[PDB]
Amino acid sequence: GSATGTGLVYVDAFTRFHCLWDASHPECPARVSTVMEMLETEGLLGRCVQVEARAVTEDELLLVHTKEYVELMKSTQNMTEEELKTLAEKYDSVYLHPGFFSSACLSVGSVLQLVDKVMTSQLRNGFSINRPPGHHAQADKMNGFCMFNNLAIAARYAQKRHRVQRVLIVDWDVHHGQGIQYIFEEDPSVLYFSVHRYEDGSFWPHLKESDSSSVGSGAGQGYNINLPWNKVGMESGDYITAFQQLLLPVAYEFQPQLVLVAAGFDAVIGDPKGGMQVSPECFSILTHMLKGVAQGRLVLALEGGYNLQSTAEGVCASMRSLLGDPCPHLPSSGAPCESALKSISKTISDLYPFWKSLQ
Ligand SMILES: CC(C)[C@H](C(=O)Nc1ccc(C(=O)NO)cc1)c1ccccc1
Ligand SMILES: [K+]
Ligand SMILES: [K+]
Ligand SMILES: [Zn+2]
């Protein structure tokens, strides 16, 4: 395929690691194989341009991560199960496996491949069907099922290799991507928007900096936007309203040259962790709402999502929009609930001093 195409990256290596000490761990290889099977069954896979993965290089990793941390992660490939468990336990909410590092390197590289093809007009947009996820990973630590911060690396790579000046990262996973926030906290060239379950800190990762008062600092003040949900059960209308009132006006003002999406599907109805009630079809609309900016240069990368069917359906819905199919009518009312409106209004109050579009 070519310029007006939608890229897809998937490699069998993404199934080559799993939790050795918890057979019920939610972050498991079926997450990606099920997505690929549904894309095929739906006839969507054959409409995409198959893009090869590549392994990230050390220098690419060092755009975000420390040399000491990269070397330590590299060494996990030669550690016994006991050593892997001891190291994993020094971080919050991670496991390790002898194949984790190799898959993590292909996970980062998959996004870089799509950035290359989108930025050079060889594709319109794309989706990497990758695990492990990335948005919690930090400069010198694993966190939240993540080793390397796929999208943070991709953003800095777009700036370094393709000389992009402004990148928008949209994170619709149900969890706050605090790793992305930290990496870009002082950086006005990367705008980070996250909508996430918070419940006044009750929900993991339990961080005060996941609240909307965290707007970035220094030159980056105004370029970090958190939308915390404080009740479970949010629906499509809550997300669409947030995008319409808050994200889209800011995004147009920011004028990004590339949009990267932390495309988790743990907010979809049925997810065992997220507690939300978003229909998979909503993600067709959310994807569509991001395509009118950055010349449509839009790259999605899989983050969380743990109900195999719900996550596969959410990926398929997003892919239909990437491919240009007209959006479905959504049955649920587009009106947001009172709690969602309260969070949106609060985030707007915290960000209005930095965005003319919010005044
Ligand atoms: C104890 C509990 C708090 C922990 C957990 O839920 N973690 C977690 C972190 C990140 C994501 C995600 O999807 N981020 O995008 C999802 C889940 C956990 C760990 C192991 C097995 C089950 C549960
Ligand atoms: K999020
Ligand atoms: K930022
Ligand atoms: Zn998540």
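Numbers in chain A come straight from the PDB entry, and the residues shown are 58-416, in order. When the header is checked for method, it gives X-ray crystallography, 1.1 Å. In listed order, ligands and their atoms are each counted from 1.
By its PDB name, the drug at ligand 1 is AR-42.
Measured by close contacts, the chief partner of AR-42 is listed under the PDB entry as hdac6. In this structure, the binding site of AR-42 at 4.0 Å (heavy atoms) is formed by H82, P83, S150, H192, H193, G201, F202, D230, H232, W261, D323, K330, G361, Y363. As for other ligands and ions, those under 4.0 Å from AR-42 are ligand 4 (zinc ion). Contact atoms of AR-42 toward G361: 13 (O) (distance under 4.0 Å to a heavy atom of the residue). The protein heavy atom nearest to atom 11 (C) of AR-42 is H232 CE1, 3.4 Å. Per the entry, the organism of origin for chain A is Danio rerio. When hydrogens are left out, the protein atom nearest atom 7 (N) of AR-42 is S150 OG, 3.0 Å; that is the closest non-hydrogen contact.
Shortest contact from atom 23 (C) of AR-42 to any protein heavy atom: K330 NZ, 3.8 Å. Those atoms of AR-42 with a heavy atom of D323 less than 4.0 angstrom away are 12 (C), 13 (O). Of the protein's non-hydrogen atoms, the one nearest atom 20 (C) of AR-42 is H82 NE2, 3.6 Å. Of the protein's non-hydrogen atoms, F202 CE1, 3.3 Å is the one closest to atom 17 (C) of AR-42. With hydrogens left out, the protein atom closest to atom 13 (O) of AR-42 is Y363 OH, 2.6 Å, a heavy atom. Residue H193 has at least one N or O atom closer than 3.5 Å to an N or O atom of AR-42. Of the protein's non-hydrogen atoms, the one nearest atom 15 (O) of AR-42 is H192 NE2, 2.5 Å.
Nearest protein heavy-atom neighbour of atom 21 (C) of AR-42: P83 CD, 3.7 Å. Put simply, atom 1 (C) of AR-42 has no protein non-hydrogen atoms near it, under 4.0 Å away.
Of the polar atoms of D79, none of the N or O atoms is found under 3.5 Å from an N or O of AR-42, judged by distance alone.
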